[PDB]
Amino acid sequence: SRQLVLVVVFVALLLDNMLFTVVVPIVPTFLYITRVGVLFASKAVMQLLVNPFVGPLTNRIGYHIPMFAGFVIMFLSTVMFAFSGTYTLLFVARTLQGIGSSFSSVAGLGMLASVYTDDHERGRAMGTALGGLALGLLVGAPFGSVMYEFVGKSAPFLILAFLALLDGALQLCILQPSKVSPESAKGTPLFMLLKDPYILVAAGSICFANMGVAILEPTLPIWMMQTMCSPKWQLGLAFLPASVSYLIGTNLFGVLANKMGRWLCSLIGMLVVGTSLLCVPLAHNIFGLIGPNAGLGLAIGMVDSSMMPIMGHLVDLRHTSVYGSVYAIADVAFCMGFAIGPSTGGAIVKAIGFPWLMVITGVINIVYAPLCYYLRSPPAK
Amino acid sequence: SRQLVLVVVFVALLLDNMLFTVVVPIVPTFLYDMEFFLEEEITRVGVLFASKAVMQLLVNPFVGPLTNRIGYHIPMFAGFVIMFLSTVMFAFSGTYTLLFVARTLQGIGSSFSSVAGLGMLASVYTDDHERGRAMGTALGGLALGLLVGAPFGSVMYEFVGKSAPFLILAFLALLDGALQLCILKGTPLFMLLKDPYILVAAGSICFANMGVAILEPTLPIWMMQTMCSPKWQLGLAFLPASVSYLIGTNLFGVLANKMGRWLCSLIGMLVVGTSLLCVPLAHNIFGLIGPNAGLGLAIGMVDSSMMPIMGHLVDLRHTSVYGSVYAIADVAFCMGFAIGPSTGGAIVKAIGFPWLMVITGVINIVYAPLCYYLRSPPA
Ligand SMILES: COC(=O)[C@H]1[C@H]2C[C@@H]3c4[nH]c5cc(OC)ccc5c4CCN3C[C@H]2C[C@@H](OC(=O)c2cc(OC)c(OC)c(OC)c2)[C@@H]1OC
Ligand SMILES: NC[C@H](O)c1ccc(O)c(O)c1
């Protein structure tokens, strides 16, 4: 039944981020710049304030009930999006989407770590989970775009709700969301784990790579309109190479980094993240961003697939075998990088500028890259 | 004949590089043989290896006016003589002090020979494209000397005794003198290190070359301490470095201009740092074929991407001469070979060699973002 758990996480993370990326191409057309920016950040902020309360929560109720709650909140958010047509209602739906995604991500990654106890196999299970995440990000944009250009606004949200119902049936079949079972092992407190430089280094690498992508997310279209003066239909396709490379890289490197070397995988991934971010503000046309964006996506996939099991290896080597808090910290890094991007990108660009922002991010990644060597062989307990 | 000057300069540079890289795997073994504990003498070994760089740095400014005053053949002949004494002293020295004098003489003679021979080659070939054919051939001979000398002394220290390779090199030096025996300005360097762009390029070259500069005095001792390899493999381990450097320099001289020189230099510095980090984890001679080959390829990348950048920087702003790119990278070379081995003894005494490799790799990686300064430099 171990494989069956991965199937849910493949589909749980598939649909959780499908609404996260299907709402972007329907909101600015529907409501028709700062006001729209704060809307997207609602998922990031609200999940950040709930992650510390979710980590220890999984130590007493298990990963099943939080996942079922995330499913329920997914259903409610998508159905509310299907009907609500005001700024406040969309903000509430976004906040619900963020909180439910918090449960879904944390519980899914924790249960994936728990049910897989071999580092080599767990480096491929998480790789395929991140591949499903990349597939969801790939399919979110064209889905909503096409069925808003044709079927109607409530159509894609209704279809996603039906797929969520299928997900609930699947979780009733295999995940068993019926009873609360506390974890036998007592996880270490979060503020012990924040004092461990190894977990700090891993979380920092993840947070800095995802900050490199997150800052690029909203800031890139503004730079495109300012410099290249390009139509709208290909702006979403601009990030398509990055997401495709992320999917390919997460699968391949979940296969490969176990034999390549985890520390080396993270180091080279951060180095290519830095180099790609340096080269990104140098492109003079849409074709010029295929290379740097593809490299950045592959690098972020490398960092994710190499540090996602590295957290489990660290917690198994030093701390106890309770997995909620470490992935709570990792998702906190993810979500903080997500939050810092859109709410502050305009101010950062107006103050220093996009090229200097990318240079700063890339230099931080490069200078931080050697610190990943600290995880080559962390001492045991 | 003009080709005679080419062959004599080729032999001179080849012999200089051969001596430099043949003193590498013999001095640690030679010192160990006398006693039969190298952590106490590592500092003196580093100072000995840096003596040539220090002495060359001291004597470099005088050679210019010295060459102007008396000519080229006499200082070039002086290099032959001092190299002969260096080879003979290496063949017969038994104490540390004698070897130090031999290395200092080798440095003085190397400076004399290199400067005088390159000046004579420039004087004879006034085609202005010839140097590109003749200078390229001379540098290829330098690369061949680096390729051959390191395993040479490694190969023939357990087979033909101790002074055999040095005697052969002295005999070749006699042939080099015989070949030459039947024969017949702008922007001084002190103002070329006041520009931050050229300083960035020179620092890149020096920090990339420091990976091998530190390796030369301490790697054979590390091998004899941890792996217990045979005495004819210590100089063999540097064979992958030479092969990788030749492959990388050719390939990237072909291929670097299309992807951008700054990107090639940045990637090369990053891979230099990664390879120097990977070096301490090698657990046998076979394990070092990967990291050492990668480090050699990385240094070749850095050189092939920096030398054209140095040429462009010198041409756009200052008035460049045939040796401006040679001089600036040379000063980086001597500075690296003097500051690496000199502080290497102290660093390995305080902390292990792996920490030294980690430190050098970290400096290279952190300096790597500084290569953005050279992306389209403006007057
Ligand atoms: C030692 O003797 C040197 O110092 C030469 C080499 C130094 C260093 C090195 N030592 C080793 C020792 C080993 O065993 C212990 C094994 C491997 C290595 C390697 C591999 C890496 N490496 C580089 C070697 C290359 C030489 O430099 C040039 O070839 C050159 C080329 C140019 O144009 C193309 C120039 O510009 C016209 C120029 O002038 C500035 C110089 C350099 O200086 C003459
Ligand atoms: N884990 C998500 C990752 O940061 C990412 C990669 C590529 C993207 O186009 C994206 O929106 C997010």
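Every chain is numbered from 1 and lettered A, B, ... according to where its sequence line falls, protein lines coming before strand lines. Note that ligands are numbered from 1 as they come in the structure, with each ligand's atoms numbered from 1 the same way. Values below: all heavy atoms of this structure, side chains included; hydrogens, waters and symmetry mates excluded.
Looking at ligand 1, one finds the drug reserpine.
In this PDB structure, UniProt names the chief binding partner of reserpine as Chromaffin granule amine transporter. The other chains with any non-hydrogen atom less than 4.0 Å from reserpine are B. Measured from reserpine, the transmembrane segments of chain B (UniProt order from the N terminus) holding a heavy atom under 4.0 Å are 1, 5, 7, 8, 11. Applying a heavy-atom cut-off of 4.0 Å to reserpine picks out B:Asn17, B:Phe20, B:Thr21, B:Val24, B:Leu139, B:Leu142, B:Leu146, B:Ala150, B:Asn209, B:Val212, B:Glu216, B:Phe238, B:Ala241, B:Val325, B:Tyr326, B:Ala329, B:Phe337.
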